Amino acid sequence: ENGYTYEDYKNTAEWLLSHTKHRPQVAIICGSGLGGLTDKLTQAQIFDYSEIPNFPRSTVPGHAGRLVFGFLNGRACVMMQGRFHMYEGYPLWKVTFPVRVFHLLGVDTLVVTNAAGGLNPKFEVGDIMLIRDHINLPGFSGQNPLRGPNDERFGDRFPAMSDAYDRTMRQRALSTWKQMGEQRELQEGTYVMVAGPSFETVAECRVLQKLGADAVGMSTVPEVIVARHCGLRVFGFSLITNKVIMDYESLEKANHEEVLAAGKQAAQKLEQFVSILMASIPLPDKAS
Amino acid sequence: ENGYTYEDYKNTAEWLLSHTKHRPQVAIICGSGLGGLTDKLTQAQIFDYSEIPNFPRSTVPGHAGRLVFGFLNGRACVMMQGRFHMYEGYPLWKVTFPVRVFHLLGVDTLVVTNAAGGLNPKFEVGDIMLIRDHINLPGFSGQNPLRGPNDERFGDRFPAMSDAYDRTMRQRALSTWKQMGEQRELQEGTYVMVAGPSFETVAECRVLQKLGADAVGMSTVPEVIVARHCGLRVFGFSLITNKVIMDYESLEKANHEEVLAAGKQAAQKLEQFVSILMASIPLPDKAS
Amino acid sequence: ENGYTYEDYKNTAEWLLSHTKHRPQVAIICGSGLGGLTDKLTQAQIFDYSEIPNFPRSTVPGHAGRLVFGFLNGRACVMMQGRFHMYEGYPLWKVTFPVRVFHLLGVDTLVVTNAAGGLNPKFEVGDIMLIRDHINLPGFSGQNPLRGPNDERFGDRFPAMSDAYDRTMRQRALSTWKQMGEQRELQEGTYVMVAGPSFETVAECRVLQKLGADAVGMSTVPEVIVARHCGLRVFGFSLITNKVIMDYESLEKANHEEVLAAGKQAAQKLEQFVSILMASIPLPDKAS
Ligand SMILES: O=c1[nH]cnc2c([C@@H]3N[C@H](CO)[C@@H](O)[C@H]3O)c[nH]c12
Ligand SMILES: O=c1[nH]cnc2c([C@@H]3N[C@H](CO)[C@@H](O)[C@H]3O)c[nH]c12
Ligand SMILES: O=c1[nH]cnc2c([C@@H]3N[C@H](CO)[C@@H](O)[C@H]3O)c[nH]c12
């Protein structure tokens, strides 16, 4: 939590607000290859992290990392193209800083997307997995973005996470997928967050799946945790980029280079699905 | 380990000693809702962390956190009302600082108490679980209070922990419980330490139980580790405050608010049990 | 990764090179009790960490920790007698610093040796386990030596580790062992890295084996990770020093003191095996 003071977040939200006529309701954190979602915004207004007052800049990828305000399928959004990861060096209170400010911007929902490895055998690369749960490996050890002294202005000391991924939004999504006439089913599973940048060995791959994880990635979990601490409605997707877990013959490993496809149709389909799902995010106007 | 120098601990123990006529033999670290145990001390002398020379102050809860010297059922004690946790921001060498000083005070036994979630289905909220073992999740990753350069004046480089929770004291306790005429049995199990302040998701809850943990909490393990490194006799209890692990329907989750009961009878019963157990802690006077 | 700049490593390799006529091809990191391997070098040239420009000094054991250049069974080597461990306080980018410099020295292979606990029941103390895989517990949580901003000059952002331990070198080794006429077989397994200096409890011992680890230690994994990031050929051995995992009666625990044997025949045999294996490390001269 530390590093930043409540006023820090307030000065950043206040600056954004005074700089964009936009008042975001939905915050979207695009995983790798999912940045083109920003292409769908109307009335887009871009802010390079760089420009925003206390916003962590990108460790190299700034030339990808930006904040885009606009409208997506009826919702006022703010998208984070190029999220921060623990592995780049950002302590978790920098990684999740955007979230805390989105909260002060007025954002009430956060849709997190990521590129993950398929641990569930059922999964196929290209698959989209609705996140129904997560295992926060960094959090178990101390790397919980909430670590440090708690600010009741954002939330409780011990926020529950057993209900992090909105059930309703997960039902809607599933329904949206069905009604889309999408044949291949919307997969659902537990995302296990792993830190380090290096990729998993077959042995680690096996602990991850025996732990009950369906997809492994290096992000999402921190942002979710602080979003939920904030009280935001959270739900997200995982784009399965590679498959993992076998030393029967572990030579080629379909290594994430499938990021070429992240600049392809699967990514595109997730972006579309996410865009259609805006219609399922309750308007703050009671929309009932 | 670092942050503090051996002389730091010595200056703190020396100050306490020169400030209390008391010479503690037993150190008791009260978990949440177990602070009323201090109410049982005779000849109580209170020290707010604040007042003690190198003692970490509380991140907000100072208004709960204090050190009380006194006598409990025949033993000269020093109780820590309101222990420190990793999640509040304290590096582990601050969390476990008290222990190192209790050691220099002359303390030879440490009874650790905590409020934990029931992972073992057998457990019921209100249950008291004698800690027979622990899984130090933060320790596996690097968060071991002993990390840093070792002081042979406190202990070895590689202290064993396979025998952390005194078997004798665990037998006595079990016997004390039986002889107390207590019907509901004294549960015994492995306490899994988890760091982060946010609560466990059903998926994490499942890794914890498949890992063989019976109770999950966010403390105890560090203090135990350094107590044992010090050579102190350690044994402890876990007050089961909530139950955990099911998404069959994971809406209400009996969230720790059962801390109301921590200001209730279950807490009270653990406090009493702990007090009766003083009679089972060998006097340094050879007491044979 | 941070703490050091690319130029740091370059200034250290450059200094070593300008200080030793030696041009190492093989780097050997000796685990505990395996330092006598340095006794096998011809044309040995010793450098105390202390003397090398940006080289982390030892937290106490400097009086053991040194870098020895020489020739071992046909290969130009550089040995690290007394490696660094997370538990001594070294952040992982100090622990693995040697590796990055060995790389700039021209080293293309790294043989890592360690002393580990036997989790696989098949193992017997004294046994040598060829590392076929690893589970990086510290890495899952954030302690990955690669954490921080990536230097493409050393390697990729997301290096794969599924193929860390050279299969060929693991075949050769196995063959070398067979041809040595060694009766007791060369064990092979997954090494699980655990951080903290304190030893495992029976409960932790059980999570480690249910996780599929065969041997537990507190090193190797970081060095391997950065070696592989560097592109070096990595393979290694684990000398089983103690056995672990049972509370049926967990009193004496064959605690690592078997390090007496680390100054004995088992250690000696690993040192010999490692020395014979030099003949199996491809010469850079295309050696075909
Ligand atoms: O197999 C995998 N393990 C861990 N992370 C990833 C990813 C995620 N996608 C991004 C590109 O690989 C990267 O930031 C990482 O978090 C794809 N496949 C895997
Ligand atoms: O389900 C649980 N998971 C992790 N910790 C706790 C606790 C412990 N009790 C205190 C109040 O919930 C808090 O400091 C935490 O360490 C009670 N229930 C749980
Ligand atoms: O049972 C064990 N658990 C963890 N490490 C070790 C070791 C390793 N050997 C060294 C001496 O015990 C020490 O640095 C540690 O990493 C031997 N046995 C065990």
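Alphabetical chain letters, starting from A, follow the order of the sequence lines given. In chain A, numbers come from the PDB entry; the residues present are 2-289, in order. Numbers in chain B track the PDB entry; the residues on display, in order, are 2-289. In order, the residues displayed for chain C correspond to 2-289 in the PDB entry numbering, which applies throughout. FYI, side chains are in, hydrogens and waters are out, and symmetry mates aren't considered; it's all heavy atoms of this structure. Numbering of ligands and ligand atoms starts at 1, following listing order.
- Of homatropine, forodesine, tiazofurin, adefovir, the match for ligand 1 is forodesine.
- Among all chains, the one with more heavy-atom contacts to forodesine (ligand 1) than any other is, according to UniProt, Purine nucleoside phosphorylase.
- Other chains having non-hydrogen atoms less than 4.0 Å from forodesine (ligand 1): A, C.
- Near forodesine (ligand 1), within 4.0 Å on a heavy-atom basis, the structure shows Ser33(A), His86(A), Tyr88(A), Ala116(A), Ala117(A), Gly118(A), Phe200(A), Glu201(A), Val217(A), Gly218(A), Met219(A), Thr242(A), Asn243(A), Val245(A), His257(A), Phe159(C).
- There are UniProt purine D-ribonucleoside-binding residues of chain A with a non-hydrogen atom under 4.0 Å from forodesine (ligand 1), namely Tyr88(A), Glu201(A), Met219(A), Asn243(A), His257(A).
- Atoms of forodesine (ligand 1) lying under 4.0 Å from any heavy atom of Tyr88(A), numbered from 1 in the order shown and given with element: 14 (O).
- The protein non-hydrogen atom at the shortest distance from atom 11 (C) of forodesine (ligand 1) is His257(A) ND1, 3.1 Å.
- Annotation: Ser33(A) places no N or O atom under 3.5 Å from an N or O atom of forodesine (ligand 1); distance criterion only.
- Residue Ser220(A) has no N or O atom closer than 3.5 Å to an N or O atom of forodesine (ligand 1).
- Taking every heavy atom of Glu201(A) and a limit of under 4.0 angstrom, the matching atoms of forodesine (ligand 1) come to 1 (O), 2 (C), 3 (N), 4 (C).
- Atoms of forodesine (ligand 1) found under 4.0 Å from any heavy atom of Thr242(A) (numbered from 1 in listed order, with element): 17 (C), 18 (N).
- Taking UniProt's list of phosphate-binding residues in chain A, a heavy atom lies under 4.0 Å from forodesine (ligand 1) for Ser33(A), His86(A), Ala116(A).
- Interface atoms of forodesine (ligand 1) facing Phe159(C), defined by a heavy-atom separation under 4.0 Å, are 13 (C), 14 (O).
- Backbone and side-chain nitrogen or oxygen atoms of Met219(A) are examined, and one is located within less than 3.5 angstrom of a nitrogen or oxygen of forodesine (ligand 1).
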